[PDB]
Amino acid sequence: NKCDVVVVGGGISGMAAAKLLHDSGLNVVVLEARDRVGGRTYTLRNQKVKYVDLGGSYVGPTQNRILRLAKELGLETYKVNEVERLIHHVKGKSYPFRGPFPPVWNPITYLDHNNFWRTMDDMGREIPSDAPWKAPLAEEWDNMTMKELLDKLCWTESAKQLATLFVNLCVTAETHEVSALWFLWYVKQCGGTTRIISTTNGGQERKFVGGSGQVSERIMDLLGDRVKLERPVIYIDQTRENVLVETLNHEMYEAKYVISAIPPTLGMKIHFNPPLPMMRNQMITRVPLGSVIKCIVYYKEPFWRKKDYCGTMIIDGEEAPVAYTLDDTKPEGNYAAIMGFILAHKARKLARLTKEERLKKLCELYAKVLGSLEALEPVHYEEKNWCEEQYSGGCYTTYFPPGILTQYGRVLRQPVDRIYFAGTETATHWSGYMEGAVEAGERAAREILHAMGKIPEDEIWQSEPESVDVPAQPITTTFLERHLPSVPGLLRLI
Amino acid sequence: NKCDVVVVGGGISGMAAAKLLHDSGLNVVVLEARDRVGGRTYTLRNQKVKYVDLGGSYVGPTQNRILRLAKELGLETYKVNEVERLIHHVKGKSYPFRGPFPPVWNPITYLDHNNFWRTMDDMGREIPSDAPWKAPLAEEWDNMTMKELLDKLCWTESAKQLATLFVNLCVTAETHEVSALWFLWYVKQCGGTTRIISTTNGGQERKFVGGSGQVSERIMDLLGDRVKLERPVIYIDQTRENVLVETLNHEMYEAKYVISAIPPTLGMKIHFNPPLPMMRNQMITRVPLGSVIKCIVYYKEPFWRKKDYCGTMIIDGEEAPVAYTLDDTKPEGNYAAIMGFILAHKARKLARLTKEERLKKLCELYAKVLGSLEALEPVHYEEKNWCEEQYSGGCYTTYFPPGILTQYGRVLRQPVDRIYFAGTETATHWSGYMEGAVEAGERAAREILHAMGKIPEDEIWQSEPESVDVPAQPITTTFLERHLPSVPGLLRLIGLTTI
Ligand SMILES: *Cc1cc2c(cc1C)nc1c(=O)[nH]c(=O)nc-1n2C[C@H](O)[C@H](O)[C@H](O)COP(=O)(O)OP(=O)(O)OC[C@H]1O[C@@H](n2cnc3c(N)ncnc32)[C@H](O)[C@@H]1O
Ligand SMILES: *Cc1cc2c(cc1C)nc1c(=O)[nH]c(=O)nc-1n2C[C@H](O)[C@H](O)[C@H](O)COP(=O)(O)OP(=O)(O)OC[C@H]1O[C@@H](n2cnc3c(N)ncnc32)[C@H](O)[C@@H]1O
Ligand SMILES: CCc1ccc(CCOc2ccc(C[C@H]3SC(=O)NC3=O)cc2)nc1
Ligand SMILES: CCc1ccc(CCOc2ccc(C[C@H]3SC(=O)NC3=O)cc2)nc1
């Protein structure tokens, strides 16, 4: 019944918040709707796969909070395989390459591609990470979709196809679904185009040995019986001295403060007394999550490596079910596997099929792209469609349709009386990722410590020392990349 | 706790559904979250106003279901005042006019305005009322906002300005917030541009004597103790032979079937066992309601009539808090009043002020638009910001952002095991309105009667005889309206002769 703080949600953010408060000497309780912890992370274990991340998996340089938390819990990382060549498959042909950038051979098309990525980062430099609505052109950019921006910027269909894939893969949503301002903020707050797309020296550099689900699991181990599973919160009452929190299974909890560590829209599943302020009331109806099926096909051997391919495939176009893959083989070289994402509208379309039907489509696609009949002989298959999850709403994260971020963005982390807001969606660096989940959970926890008079105001937001295990190398550009003209810039010189 | 059908929501749609089922001999229960029925309709009564609709109010020709239901319940309508001139206020100046269309004198501007409304209706004719996602260019149109479509179509700032106000006023949302396909559907399913904008011969022709809240109240009277107030539904369980419905105040109800008669996104407030199918699970996170404050300023007399103004003002410009007003005086001629809407972003922006501050801003605006110092002397004020409502989510209705209607639209009224879906959002004619609430409630009820083997399949969807009290004049166009060129059409003709 009685405690200092109730945390709603036992994903990484809620767990990180509860741990910090617990370590500080407060009595905490975590109320989790599911029969498991981890939320948008989920590590499946069976003999065929050993373990596999069906939700969030990747960590990399500059994500120092998640790396520090995992290390403390006794976890280690290994590198996602990028020794051999990456593949860009365009108009029915595979083009192997090295470096983070797919090569472009046509000179006009080259200028167009170069300008697109450069312009994304140029625009990002004017968007504050902690307040994107304060961008000088916030309203102009928020009132446009990414489709509109791409249509204006890309003079070649080639650039437009890759730019579209980029949007789809970053935020599991269609270019026409999302605000340009929000999307440009999203990329900038991960460190820019190069950092977000990169395996080596980027967001996809590493995975956790044994799976990312261990983060939430091991914190639940540390919290004893303070984690309550199968307790979906249904009601929060702030009319009295202590806050009252009621669960679906009829239990009542009493606390001084609450942390909401669930996706913003899932706040709708809770009935509030008194009602929420107008702006939050409407905000939580305006913020959907994206759509994705994560699919892992297993093979006897990582056969692609013999052809000097690392397993990374970037696959343009409408026909392909999967637009992007990475090698999911274990560090020992066993449990050979390819991870692929079925993105946005394709998640919706292909959900109608059977598991076996999807397996066949993926195997035939991979056989074409890798140029190998070995892709047609899988030994095992696992997948998860995150669109079906009542207590997630989708994956990877929440996207903002046009007009929403400028009108409602401010209220995302604004406290409501004694309710404070965590969740990766409220982070200012790697929001959308496990890193942002840690940042937001610890910040929300420290807001409460400050409310209790335990720490000063300047300690609410705290820097993180760089990981020694996963250090970051700087992102560089070339002289030509910085100074080559766009297509219309070349036209104006003519 | 045992019944045949549980209806979730006691707005017009749930009440219409419950009444039909009750009349058919079934045992119904209505579970309503609030301490009142009516939902997005709410009639305030006090001595200063007598009565006033703070939510949905207007009915008109072609809305035959709401008119028939209200008539059966003993209600009467009266006509909104449109005897005198309307006002279009643009660039700080007022232009009085008659007819549904603000006058446009500049011939280029006239062609552009004519073509804009014509094209809205032309495109609408391509969109099936019962399946907008089946339009030939559904995907192209759904992947565009209304802002993009206006930018393409309007060759004058004058047309773009009025078109923007039109969207804001129809759906309480910004042009950049909404899908072009969805908005084009929304207008077409109300009968088109002329019908949706008109007072005389359109959606705003009439109000109910005594207020629209009487519709839901009188149905509650008919149903007696079957309506349960302050029972917000939290949980629906379909894993066993009969459906189990749990409320916040700790009550359990058992039923053969359920009708969900709440705004689609408010489905999120219910925990489902088993979980909803993927498409509905995501759909209910993708469908917000609009933003509006409805404001009524009272005066000693309807002084605007003396200057040959009916009370209708169409007000363009960022600075104006209210973009549209109608005379709200009682049919007897007393309790003189102006009704105004604060729309979309302005509802958000102006919510920060006090009630007294909003009243001052409205009076100052009305004084300028009407050229009348008497507008600075209000005797009373009432208002309601629908953005603050936990159990509405907004008003008037649900809008669809770009890309959503084609991807998720088909599941809006698709049954989920033994749950059937009512609510105005699921209607095919005047969706968003009290009329659509009746259509959807009665249709959902008949879906259940069919499932029980009580009526044949062809009786699920039923036509409605035209009101004898509110006849519908047809929507007509002139030869010139049909065949005058667009601005680019004129330019093509110019470039053709110059050869
Ligand atoms: C789904 C997904 C996510 C993902 C990704 C691929 C997929 C398919 N790949 C990632 C990656 O490679 N690297 C990375 O860093 N992130 C990746 N992501 C996203 C990542 O998983 C998320 O950013 C992160 O997991 C989010 O953490 P957070 O703690 O903020 O949120 P959550 O996991 O959703 O946890 C919320 C918990 O709350 C519970 N819940 C929901 N409603 C209630 C109620 N009413 N009462 C009590 N509890 C509730 C949820 O069940 C959940 O456990
Ligand atoms: C708000 C508004 C609406 C409006 C308008 C002006 C404003 C300011 N002008 C209109 C007009 O002039 N003419 C017209 O025909 N319509 C106008 N509108 C729209 C109109 O009010 C709506 O279309 C109509 O009232 C909607 O009816 P419907 O029955 O479909 O929906 P509802 O009124 O919202 O009723 C839903 C009920 O369900 C209850 N609820 C919500 N959640 C729960 C849960 N969890 N459990 C139990 N009950 C629940 C709500 O409280 C409500 O009563
Ligand atoms: C800047 C030039 C460029 C343009 C597009 C691509 C194709 C690959 O793009 C990517 C885009 C996003 C991501 C990150 C994706 S992958 C994941 O697990 N989670 C993510 O957020 C990974 C790769 N490569 C290079
Ligand atoms: C076709 C040419 C034209 C273009 C716009 C206007 C300005 C008025 O536009 C209107 C637009 C919508 C509405 C209906 C609004 S008012 C209400 O109570 N609920 C509604 O849906 C009423 C008027 N007049 C004429």
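Below, read A as the first sequence line, B as the second, and so on, with proteins coming before strands; counting in each chain starts at 1. In each ligand, atom 1 is the first atom listed, and ligand 1 is the first ligand listed.
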Looking at ligand 4, what drug do we find there?
pioglitazone
Chief contact partner of pioglitazone (ligand 4) - name in UniProt:
Amine oxidase [flavin-containing] B
What are the letters of the other chains having a heavy atom under 4.0 Å from pioglitazone (ligand 4)?
B
For pioglitazone (ligand 4), does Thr194(B) get within less than 4.0 Å through its side chain, its backbone, both, or neither, judged by non-hydrogen atoms?
neither
Do any other ligands or ions come under 4.0 Å from pioglitazone (ligand 4), and which ones?
ligand 2 (flavin-adenine dinucleotide)
Nearest option to atom 12 (C) of pioglitazone (ligand 4), as decided by whichever heavy atom of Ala163(B), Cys170(B), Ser57(B) sits closest
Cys170(B)
To which protein heavy atom is atom 6 (C) of pioglitazone (ligand 4) closest, and what is the distance rounded to 0.1 Å?
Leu162(B) CD1, 4.2 Å
I need the atoms of pioglitazone (ligand 4) closer than 4.0 Å to a non-hydrogen atom of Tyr58(B), numbered in the order shown.
18 (O)
Consider pioglitazone (ligand 4): state whether an atom of it lies below 4.0 angstrom from any non-hydrogen atom of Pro102(B).
yes
To the nearest 0.1 Å, how far is atom 22 (C) of pioglitazone (ligand 4) from its closest protein heavy atom, and which atom is that?
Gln204(B) NE2, 3.6 Å
What atoms in pioglitazone (ligand 4) come closer than 4.0 Å to a heavy atom of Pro100(B)?
24 (N), 25 (C)
Per the deposit, which organism was chain B derived from?
Homo sapiens
Should the proximity of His113(B) to pioglitazone (ligand 4), defined as any heavy atom under 4.0 Å, be assigned to the side chain, the backbone, both, or neither?
neither
Counting heavy atoms only, which of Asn114(B), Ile197(B), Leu169(B) comes nearest to atom 3 (C) of pioglitazone (ligand 4)?
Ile197(B)
Atoms in pioglitazone (ligand 4) flagged as close to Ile314(B), the criterion being non-hydrogen separation under 4.0 Å
7 (C)
Can you tell me the protein heavy atom closest to atom 13 (C) of pioglitazone (ligand 4) and the distance?
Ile196(B) O, 3.6 Å
Checking a contact table here: which protein heavy atom is nearest atom 21 (O) of pioglitazone (ligand 4), and how many Å away?
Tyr433(B) OH, 3.1 Å
Binding-site residues: pioglitazone (ligand 4), 4.0 Å heavy-atom cut-off:
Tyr58(B), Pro100(B), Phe101(B), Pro102(B), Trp117(B), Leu162(B), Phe166(B), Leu169(B), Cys170(B), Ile196(B), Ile197(B), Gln204(B), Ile314(B), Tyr324(B), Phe341(B), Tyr396(B), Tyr433(B)
